[PDB]
Engineer: 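Notes on a complex, indometacin with Thyroxine-binding globulin.
Simply put, chain letters go A, B, ... down the sequence lines. Heads up, chain A uses the PDB entry numbers, so what you see runs 19-355. Residues 362-394, in that order, are what chain B shows, numbered as in the PDB entry. Every heavy atom of this structure was used, including side-chain atoms; hydrogens, water molecules and symmetry mates were not. Counting starts at 1 for both ligands and their atoms, following the listed order.
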Amino acid sequence: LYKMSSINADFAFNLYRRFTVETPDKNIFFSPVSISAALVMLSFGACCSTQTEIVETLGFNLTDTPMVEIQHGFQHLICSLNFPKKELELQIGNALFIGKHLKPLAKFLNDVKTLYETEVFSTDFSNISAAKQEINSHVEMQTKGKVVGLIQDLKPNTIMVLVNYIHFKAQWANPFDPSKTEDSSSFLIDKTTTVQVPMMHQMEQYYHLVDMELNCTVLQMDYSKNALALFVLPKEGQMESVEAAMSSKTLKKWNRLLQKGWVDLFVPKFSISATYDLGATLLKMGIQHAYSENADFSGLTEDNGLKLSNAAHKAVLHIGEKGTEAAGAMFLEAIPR
Amino acid sequence: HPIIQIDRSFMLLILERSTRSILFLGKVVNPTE
Ligand SMILES: COc1ccc2c(c1)c(CC(=O)O)c(C)n2C(=O)c1ccc(Cl)cc1
Ligand SMILES: [Ca+2]
Ligand SMILES: [Ca+2]
Ligand SMILES: [Cl-]
Ligand SMILES: [Cl-]
Ligand code: NA
Ligand code: NA
């Protein structure tokens, strides 16, 4: 799990940096665990270079962490994340919508159900519009209402859909007093423009740092159990330089350096959402055979008759005085090979 | 005491302790988009 931490964090930051190129100077919000977990699920049914491409794209080196250890590690991750903890709502799981005529391997279905928190639904993709609605409503349910309309379009020849969802709701260890929230305060969106946002205010002891190298302020706010938020505030004009630096290395440096002390803290109350069409991005990052006429998903179905066609993610965030609610879902679509 | 005013673009990470996992990652440019 520790090795998986650094690798999964560095995937997160490499994907982040892809998004800063695709949607420059725009809000970014995603669950890297949801994307990583979906793709590792898909890789359980893959063989040879189709399988190795997926895990190498996720940042693993198969000499250091063999394929079966990757598999084991992600199964342990999903279990741990879902283990109940008082005062934290955290669910992460998967659903496999499989065409009524496909011939899935007992092994794959037993793997995903027993070891990867997967529900399996035989789906009639001859009714594509009904299947899209069914899948979206399932994800909406599993996210406590928060991820609506995950799938905007499904290809008419779809024969399998894999979804991962994540939902998180936690209270701050030190909640804000709403009587100190300023109804309308300025937030700078670009050099000459502000928007109005409710600004929460608390003077409290927080772990915090000024990174003297990266020219940014880092502020840690704990949730009441098993979770924390990090807020990274670059100096004026320094966001791109901070974005280029972010890595597992940086996180380990901050983990050592942050010190708890009094801070007069102002934080916005706000909600945002974001959507990503990930098909081409994942191809660029190295997942190639999965999309090809020669995809090897021999571990998934008897006839190996499917290939990946599309991939998308949606994630939502709310921060207010009591805490944070966030959710995400990832969709992978497959068609006949 | 030092002031920290989160009143311009910032990055956000939500982390889980038991696995040392990034649950969510983002950047807020415009909180009212
Ligand atoms: C103050 O800066 C950090 C940075 C990362 C941290 C933490 C604190 C804490 C809280 C703590 O350790 O006190 C956890 C649980 N973090 C991680 O999840 C994490 C994830 C990936 C990597 Cl590569 C390294 C650490
Ligand atoms: Ca307090
Ligand atoms: Ca992670
Ligand atoms: Cl992660
Ligand atoms: Cl991580
Ligand atoms: Na088949
Ligand atoms: Na069904």
Engineer: What are all the ligands or chains assigned to indometacin?
Structural biologist: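 In this structure, indometacin can be found at ligand 1.
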Engineer: Hey, which other chains get a heavy atom under 4.0 Å from indometacin (ligand 1)?
Structural biologist: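 By heavy-atom distance, the answer is A, B.
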Engineer: Which residues, given by chain and number, make up the 4.0 Å heavy-atom shell around indometacin (ligand 1)?
Structural biologist: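 Within 4.0 Å (heavy atoms), the residues are A:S23, A:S24, A:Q238, A:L246, A:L248, A:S266, A:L269, A:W272, A:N273, A:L276, B:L376, B:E377, B:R378, B:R381, B:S382.
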Engineer: Going by the PDB entry, what's the name of chain B?
Structural biologist: Thyroxine-binding globulin
Engineer: At less than 4.0 angstrom from any non-hydrogen atom of B:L376, what atoms of indometacin (ligand 1) do you find?
Structural biologist: 5 (C), 6 (C), 16 (N), 18 (O)
Engineer: For atom 1 (C) of indometacin (ligand 1), what's the nearest protein heavy atom and its distance?
Structural biologist: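 Atom 1 (C) of indometacin (ligand 1) sits closest to the protein heavy atom A:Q238 OE1, 3.4 Å.
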Engineer: Quick check on contacts: which atoms of indometacin (ligand 1) are under 4.0 angstrom from a heavy atom of A:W272?
Structural biologist: 1 (C), 2 (O)
Engineer: Can you find an N or O of A:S266 that's nearer than 3.5 Å to an N or O of indometacin (ligand 1)?
Structural biologist: no
Engineer: Suppose we measure from atom 14 (C) of indometacin (ligand 1) to each protein heavy atom; which comes out shortest, and what is that distance?
Structural biologist: B:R381 NH1, 3.6 Å
Engineer: I'd like to know the organism the PDB gives for chain A, please.
Structural biologist: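 In the entry, the organism is Homo sapiens.
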Engineer: Evaluate A:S24 for polar contact with indometacin (ligand 1), using N/O atom pairs at a separation under 3.5 Å.
Structural biologist: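 In this structure, A:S24 places no N or O atom under 3.5 Å from an N or O of indometacin (ligand 1).
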Engineer: Can you tell me the protein heavy atom closest to atom 13 (O) of indometacin (ligand 1) and the distance?
Structural biologist: A:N273 OD1, 3.7 Å
Engineer: Atom 21 (C) of indometacin (ligand 1): which protein heavy atom is closest, and how many Å away?
Structural biologist: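 Nearest protein contact, heavy atoms only, for atom 21 (C) of indometacin (ligand 1) is A:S23 OG, 3.3 Å.
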Engineer: Looking only at protein heavy atoms, identify the closest one to atom 4 (C) of indometacin (ligand 1) and say how far it is in Å.
Structural biologist: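 Going atom by atom, the protein heavy atom closest to atom 4 (C) of indometacin (ligand 1) ends up being A:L269 O, 3.5 Å.
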Engineer: Put together the list of close N/O pairs, under 3.5 Å, between indometacin (ligand 1) and the protein, could you?
Structural biologist:
| unit_1 | atom_1 | unit_2 | atom_2 | d |
| --- | --- | --- | --- | --- |
| indometacin (ligand 1) | 2 (O) | A:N273 | N | 3.3 |
| indometacin (ligand 1) | 12 (O) | A:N273 | OD1 | 2.8 |
| indometacin (ligand 1) | 12 (O) | B:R381 | NH1 | 3.0 |
| indometacin (ligand 1) | 12 (O) | B:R381 | NH2 | 3.1 |

